[PDB]
Student: 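Take this structure, written in structure tokens, and hold onto it; I'll ask about it next.
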Amino acid sequence: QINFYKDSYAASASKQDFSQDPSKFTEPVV
Amino acid sequence: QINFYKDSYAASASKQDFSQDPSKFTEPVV
Amino acid sequence: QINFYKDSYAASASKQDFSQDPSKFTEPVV
Amino acid sequence: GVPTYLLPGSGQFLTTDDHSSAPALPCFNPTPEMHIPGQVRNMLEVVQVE
Amino acid sequence: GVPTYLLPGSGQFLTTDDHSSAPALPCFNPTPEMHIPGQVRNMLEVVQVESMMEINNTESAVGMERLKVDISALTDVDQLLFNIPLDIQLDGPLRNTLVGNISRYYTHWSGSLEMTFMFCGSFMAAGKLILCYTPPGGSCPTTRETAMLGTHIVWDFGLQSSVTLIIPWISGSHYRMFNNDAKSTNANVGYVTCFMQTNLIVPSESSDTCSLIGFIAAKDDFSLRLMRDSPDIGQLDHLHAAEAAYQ
Amino acid sequence: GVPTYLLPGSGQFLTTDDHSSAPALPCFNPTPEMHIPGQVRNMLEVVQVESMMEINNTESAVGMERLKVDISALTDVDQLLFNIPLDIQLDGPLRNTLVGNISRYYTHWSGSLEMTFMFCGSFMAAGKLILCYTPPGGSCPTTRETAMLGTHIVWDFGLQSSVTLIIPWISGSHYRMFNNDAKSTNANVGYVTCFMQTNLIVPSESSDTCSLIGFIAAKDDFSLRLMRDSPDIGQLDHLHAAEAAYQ
Amino acid sequence: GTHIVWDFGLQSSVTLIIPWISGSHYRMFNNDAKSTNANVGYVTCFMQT
Amino acid sequence: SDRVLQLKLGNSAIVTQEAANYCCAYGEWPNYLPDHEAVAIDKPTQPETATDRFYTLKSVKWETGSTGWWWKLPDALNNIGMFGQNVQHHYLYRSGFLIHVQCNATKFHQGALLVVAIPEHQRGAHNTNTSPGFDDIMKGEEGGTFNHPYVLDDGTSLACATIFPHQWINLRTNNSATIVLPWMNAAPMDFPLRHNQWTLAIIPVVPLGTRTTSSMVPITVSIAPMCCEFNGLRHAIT
Amino acid sequence: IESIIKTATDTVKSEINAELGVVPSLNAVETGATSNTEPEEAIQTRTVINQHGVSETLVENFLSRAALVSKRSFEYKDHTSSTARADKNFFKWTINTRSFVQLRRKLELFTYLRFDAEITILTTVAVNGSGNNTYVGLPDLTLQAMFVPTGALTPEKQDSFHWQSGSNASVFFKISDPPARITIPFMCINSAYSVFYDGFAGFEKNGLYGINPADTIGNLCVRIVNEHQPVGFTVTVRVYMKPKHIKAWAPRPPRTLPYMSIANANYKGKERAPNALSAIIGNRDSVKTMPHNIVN
Amino acid sequence: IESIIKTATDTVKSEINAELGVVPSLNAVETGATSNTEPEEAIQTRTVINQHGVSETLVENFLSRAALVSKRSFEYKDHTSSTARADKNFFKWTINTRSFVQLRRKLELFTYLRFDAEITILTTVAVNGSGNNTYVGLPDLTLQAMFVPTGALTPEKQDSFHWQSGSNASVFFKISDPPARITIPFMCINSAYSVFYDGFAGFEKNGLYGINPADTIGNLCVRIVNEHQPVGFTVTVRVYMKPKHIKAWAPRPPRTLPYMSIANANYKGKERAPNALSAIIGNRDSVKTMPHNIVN
Ligand SMILES: Cc1cc(CCCOc2c(C)cc(-c3noc(C(F)(F)F)n3)cc2C)on1
Ligand SMILES: Cc1cc(CCCOc2c(C)cc(-c3noc(C(F)(F)F)n3)cc2C)on1
């Protein structure tokens with residue numbers, strides 16, 4: 001949003017990660 | 001106006017809808 | 001960052017000096 | 001920082017003010033819009049009915 | 001300077017606000033990221049994994065005994081074996097499941113479910129069952145003739161030990177709710193019942209009582225919203241050693 | 001005007017905040033910069049310089065006597081001369097070193113160390129030593145056979161009066177910590193021991209007791225983080241003349 | 001040592017390979033079973049279940 | 001049968017004629033530590049065939065009142081062979097594990113086993129504020145049994161344990177289970193004597209039953225370390 | 001299949017199926033895989049264009065929510081005759097996330113977590129009623145919150161030299177001010193925090209079990225900068241923590257039994273169901289009974 | 001070698017070494033140079049790509065941290081009958097950086113320093129309890145902080161004409177306001193401050209030793225602008241200084257013995273170790289003893 005801070009971890013939450021791999025828990029077979 | 005919020009529903013009132021169809025209540029006949 | 005002040009010494013800390021010469025204390029020989 | 005000063009009317013709650021407020025439920029997805037008959041966009045359409 | 005004025009909500013601490021705050025440790029370098037197996041980016045991946053249903057939530061069932069349903073050989077046709085209350089939002093067989101646990105953190109849900117049953121008898125015990133889902137509106141069917149009229153799967157024991165019954169999203173409204181009113185039209189999902197399509201036939205050297213294990217999971221259709229506090233955890237006092245953190 | 005609202009943390013004084021403040025003396029011209037020898041831009045340059053270890057931190061050692069280790073001629077083989085506790089974060093030989101002093105201003109450290117030993121006997125005193133670093137996990141080795149199994153250097157006295165033992169960064173975690181718990185898995189670094197590889201042989205006109213000086217420094221691998229208040233300086237009252245500054 | 005875990009099933013037979021692990025380039029008949037040039041090792045069977 | 005599989009892993013080998021599949025935890029395979037993730041600058045030792053091989057543990061009897069068994073890794077494999085020697089002589093290790101659980105019966109036998117690899121299975125005690133002790137956690141090659149398999153011995157649920165890499169041994173279907181676990185840890189390497197990355201739990205969700213002549217039905221566990229590395233060589237510490 | 005999922009998947013219309021050798025509804029739970037049966041394969045379906053978003057279940061949204069992590073009340077007064085057990089105008093707290101059940105249970109759904117913390121401090125004051133004290137009014141005090149990392153000395157008095165904070169990070173805030181707010185980075189010496197630790201902290205056998213030394217944080221010392229006054233007050237400081245920039249690994253079963261301690265995962269359960277040791281879910285009459293049966 | 005260092009150096013793999021005429025592990029401490037032996041040359045190493053940043057040890061980060069430099073309490077009341085020794089509603093402080101040990105020791109790690117100062121003033125008030133006074137409440141007062149450079153006259157009363165401050169820099173601030181904050185430039189008449197001065201201030205032999213005249217700053221006079229009230233109060237003013245835009249020269253050994261005075265580097269040490277005159281580091285039984293030995 002604004003983040004006039006010099007450290008990158010001071011930014012706000014990053015709620016834009018829409019990638020997912022459910023098959024690593026649902027089909028973990030070969 | 002400003003709306004630095006991440007959610008679109010947080011914006012202000014949208015008072016710019018000037019389209020209207022009164023005939024759906026005044027002439028609802030064929 | 002912002003620094004709307006007319007004097008340059010009023011600015012914030014300048015934490016971007018990554019140059020160094022340790023050999024002036026570790027190998028000060030010829 | 002930015003130098004600022006507050007104006008009269010600062011911190012007062014006008015019931016007709018038009019601003020954006022904090023979204024209390026982040027990332028909420030409203031129900032998809034569906035077509036409903038008889039939409040009203042101006043109150044002058046209602047008065048035109050006898 | 002810039003002329004400004006404060007709006008309502010100025011200086012108030014909303015626990016769900018999304019801003020940037022002052023970095024307390026300047027120039028701090030976090031540990032480099034390393035690859036760890038099993039990363040989760042959406043909570044809908046967890047609910048998609050199937051977990052055991054506590055169908056045998058009855059007295060005289062203790063611990064693991066509540067996680068299996070025992071079926072014997074009957075001398076009457078068309079007999080009802082068990083039914084499952086489909087109320088995740090209330091205490092029942094679906095409550096302590098991955099899908100149930102993660103969904104009880106939200107208020108509105110939508111999508112389809114899958115209910116898998118694994119037969120855990122001997123190799124040469126045979127049978128046929130019928131698993132039925134009934135959309136809401138009436139009483140839970142008690143007879144096979146009434147139960148077959150809804151969604152169902154006829155399951156024949158064989159090399160594949162498991163069957164799946166899909167509880168499809170058949171809803172009038174666009175989502176559903178936790179209500180605490182199981183009979184509400186916005187919450188009730190219907191019923192699930194099991195009947196004997198045939199009998200359970202086993203030889204003399206096989207145990208005459210066999211067991212089924214039930215699992216439930218969500219499909220890709222599933223969706224949750226309106227996050228809330230889960231009613232599954234509480235606190236009446238301070239935990240042990242909690243005050244020692246101040247000594 | 002501009003509509004605004006104040007966030008949490010408004011009007012609060014964080015001592016590590018990085019902003020610009022009002023210049024109290026406008027149009028002031030600072031003195032022109034002139035070149036001065038020995039400029040420091042990172043504190044990691046200082047720790048890279050080697051300083052004496054206080055290995056002889058025992059009673060009956062006074063002042064400079066604590067900065068050297070005396071070695072004589074022995075009549076038994078494989079004898080242990082001394083060991084060095086590798087706990088910078090606790091009081092020990094490494095505490096009052098450049099690397100130790102600068103590191104005690106931080107909480108997390110990483111990287112490799114070098115431990116140099118200078119032999120300060122006569123020209124025609126001879127000997128061979130073995131310096132051993134033992135990664136953590138067990139007790140400090142007391143015999144040469146057990147000590148040789150870790151990292152080590154065999155040092156032969158000669159024209160070069162000094163030897164170096166590298167304490168390489170062998171850590172499970174990605175950094176280490178000051179803990180005050182020396183036995184913690186996140187803090188313990190191992191041990192350093194010295195044994196006789198051979199004896200110290202000197203002629204009749206040479207002193208039969210010779211001295212070693214130990215130094216420690218950090219390499220380019222070294223890194224520090226999570227700055228804190230050094231526990232090496234305190235204050236129980238006002239310093240003398242401090243109140244006179246108000247008179 | 002070298003081993004194979006054998007599970008009874010449709011295939012009624014299993015094979016254990018005794019590979020050539022010798023120091024010398026050949027081996028000998030000796031009549032001294034304990035000789036270093038003759039001894040080959042042992043084969044044992046245990047219950048895995 | 002239902003499926004056949006062979007697992008070589010060194011000078012050992014296992015053949016199964018009645019299997020379902022094998023599970024790769026989170027769909028990943030063991031690998032050696034790359035240079036861009038390394039921490040310790042010491043050159044590691046990679047014994048390979050000496051340590052990357054199946055070790056078989058003592059068998060446990062499958063009775064009617066059985067609550068389940070657990071083995072913590074690498075604790076169970078410590079003190080076993082060259083892997084144990086390398087663990088004792090080194091300060092850090094790193095390894096995946098190929099786990100094979102064996103259990104067979106007749107076609108008149110019924111019973112279901114859940115074989116699950118829990119990462120960081122931190123245990124709890126029952127009806128006490130004191131934490132589990134060293135002897136409660138470190139059981140070695142013999143492992144332990146589940147006090148309350150219903151809650152997994154940690155206040156959670158056994159019903160949701162299928163979120164972890166798992167398989168089933170359904171006597172009616174198969175007689176073996178196989179799970180491939182990569183290196184699971186927040187650190188690239190770790191001290192083997194004070195922390196367990198994985199816990200293999202075998203739980204009798206469906207009890208063993210039959211009406212034919214009774215026989216001892218054991219369960220065998222074989223663990224093969226994979227891509228083992230060791231850093232920090234010094235004297236043996238056990 | 002790793003892809004970008006922004007909405008729930010759509011449904012496709014299906015027809016009558018009768019084909020030999022294909023049994024989509026039959027599965028094998030023993031393989032450890034969840035059933036792959038589709039609704040299109042179990043029933044005859046229609047085409048539905050699904051527009052439900054999935055942004056609310058994102059781990060960031062799921063966990064990025066301020067929750068109470070600390071709450072401490074102490075008397076702000078003259079502490080000359082008070083025993084050496086009360087907080088004499090200040091307190092120190094060993095930071096942890098296991099004291100309040102809601103945040104603890106939400107965090108314990110994963111094996112590994114990596115995030116920055118957003119710390120908010122909210123202070124309230126009340127006038128002491130002990131004895132014959134009156135309301136008087138509420139003073140506007142200044143509080144100092146200092147973060148002491150591991151190995152650093154912590155203050156022993158309200159006016160000790162430690163409070164000068166040459167290098168320690170301190171925040172000075174008034175009660176009349178908004179709640180104080182700072183951000184702490186990902187402080188772990190590892191790539192992620194260990195929510196659960198199947199190990200011991202030290203190199204000997206008497207160390208703590210289940211607490212990872214790598215995840216040690218330090219102490220938060222909070223004092224009132226003002227000197228005491230003729231009347232006593234009670235000051236309550238609440239600390240809320242909000243994770244952000246979150247990465248999660250290895251989801252775990254949720255805890256069913258009530259928490260017993262912050263140091264361990266010990267369990268005893270409720271006396272009766274639900275959430276009892278022998279019965280997590282409440283009992284019904286039989287497996288053929290539904291409690292909320294619609295009867296008309 | 002002067003270069004840009006942003007991360008710690010990487011490690012390279014090495015092999016077995018046996019070569020005549022090359023002895024990397026042998027050094028000569030007498031030359032005054034630190035050993036140049038590399039880990040690759042002492043042991044057999046592997047390739048490590050090191051990603052550790054080094055921005056936290058930068059002299060700017062190391063020193064740019066607000067620290068208490070002044071703390072003064074005085075009575076705000078009617079001072080008609082008070083002696084000519086108390087602060088009568090105001091005080092003056094001769095600015096110095098040697099009164100509080102943490103900042104002093106951090107600054108004294110270098111021989112020369114050049115920086116601008118960021119000054120923050122934090123004021124607290126308490127109701128006097130002497131006699132039979134009650135709480136009453138805390139007034140919102142206005143304070144004036146005036147910087148008087150060398151040679152300028154300082155106020156002698158709380159209402160003297162000096163406070164009109166025609167040219168002197170003053171700041172007026174309320175207690176209810178955030179702490180006051182200003183910036184002072186690098187005021188030295190030289191290119192850098194002298195943290196240590198091996199000289200005398202005057203041209204005669206009775207001058208002060210160790211204080212550089214070039215580094216003289218001046219006085220900070222703080223008064224309460226409000227006139228006294230029927231009840232007395234105690235006002236405490238704290239002054240914090242934060243260096244910025246820092247340049248450092250000639251690093252020095254850290255001080256081991258406790259500071260004795262702000263005027264000099266006099267030393268006496270603790271009675272016993274650690275940090276005693278005869279033993280800086282605590283004693284152990286012998287050079288063959290380690291205290292924290294892991295025994296199992
Ligand atoms: C899991 C897990 C989560 C965390 C992070 C918790 C962070 O704890 C705190 C808190 C609660 C407060 C402060 C704090 N309070 O005040 C200040 C300051 F003002 F001094 F800056 N810092 C610092 C930390 C690290 O650690 N492990
Ligand atoms: C070494 C070394 C470091 C320094 C710099 C210290 C600066 O001292 C001050 C302080 C503490 C406060 C003020 C000050 N307080 O208030 C005001 C104002 F409000 F009048 F502007 N100025 C001015 C100076 C130079 O000098 N030598």
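Residue numbers start from 1 in every chain, and the chains themselves are labelled A, B, ... in the order their sequence lines are given, proteins ahead of strands. Hydrogens, waters and symmetry mates are skipped; everything else that's a heavy atom, side chains included, is used. The displayed model is a subset of the deposited entry, and contacts were enumerated within the subset. In listed order, ligands and their atoms are each counted from 1.
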Student: The drug at ligand 1: which of pleconaril, thioridazine, buspirone is it?
Tutor: pleconaril
Student: Looking at this structure, what macromolecule is in contact with pleconaril (ligand 1) the most, according to the PDB entry?
Tutor: viral protein 1
Student: May I ask you to identify the nearest protein heavy atom to atom 5 (C) of pleconaril (ligand 1), giving residue, atom name and distance to one decimal place in Å?
Tutor: I:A117 CB, 4.2 Å
Student: Just wondering, where does the PDB say chain I originated?
Tutor: enterovirus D68
Student: Can you pull out the closest protein heavy atom to atom 6 (C) of pleconaril (ligand 1)? Residue, atom name and distance to 0.1 Å, please.
Tutor: I:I95 CG2, 3.9 Å
Student: Given I:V239, I:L143, I:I184, I:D215, which one has a non-hydrogen atom that is nearest to atom 13 (C) of pleconaril (ligand 1)?
Tutor: I:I184
Student: For I:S170, take its heavy atoms, then give the atoms of pleconaril (ligand 1) lying under 4.0 Å from any of them.
Tutor: 19 (F), 20 (F)
Student: Among I:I121, I:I182, I:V148, which one has a heavy atom closest to atom 22 (N) of pleconaril (ligand 1)?
Tutor: I:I182
Student: Which protein heavy atom lies closest to atom 20 (F) of pleconaril (ligand 1), and at what distance to 0.1 Å?
Tutor: I:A169 O, 2.2 Å
Student: Could you identify the single nearest non-hydrogen protein atom to atom 11 (C) of pleconaril (ligand 1) and state the distance to 0.1 Å?
Tutor: I:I119 CD1, 3.5 Å
Student: Please list the nearest protein heavy atom to atom 26 (O) of pleconaril (ligand 1) with its residue and the distance rounded to 0.1 Å.
Tutor: I:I217 CD1, 3.3 Å
Student: Would you mind telling me if pleconaril (ligand 1) is within reach of the side chain of I:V171, the backbone, both or neither, using heavy atoms under 4.0 Å?
Tutor: both
Student: What residue and atom, counting heavy atoms only, is the protein's closest point to atom 3 (C) of pleconaril (ligand 1), and at what distance?
Tutor: I:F115 CZ, 3.3 Å
Student: Which of the numbered atoms in pleconaril (ligand 1) are under 4.0 angstrom from any heavy atom belonging to I:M146?
Tutor: 20 (F)
Student: Can you remind me what the PDB entry calls chain E?
Tutor: viral protein 3
Student: Around atom 1 (C) of pleconaril (ligand 1), find the nearest protein heavy atom and jot down its residue, atom name and distance.
Tutor: I:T97 OG1, 3.9 Å
Student: Give a yes/no verdict on whether any heavy atom in I:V69 is under 4.0 Å from an atom of pleconaril (ligand 1).
Tutor: no
Student: Starting from atom 16 (O) of pleconaril (ligand 1), which protein heavy atom do you reach first, and at what distance in Å?
Tutor: I:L220 CD1, 3.4 Å
Student: Any idea which residues from other chains are within 4.0 Å of pleconaril (ligand 1), non-hydrogen atoms only?
Tutor: E:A24, F:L14, I:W93, I:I95, I:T97, I:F115, I:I119, I:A145, I:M146, I:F147, I:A169, I:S170, I:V171, I:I182, I:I184, I:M187, I:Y193, I:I217, I:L220, I:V239
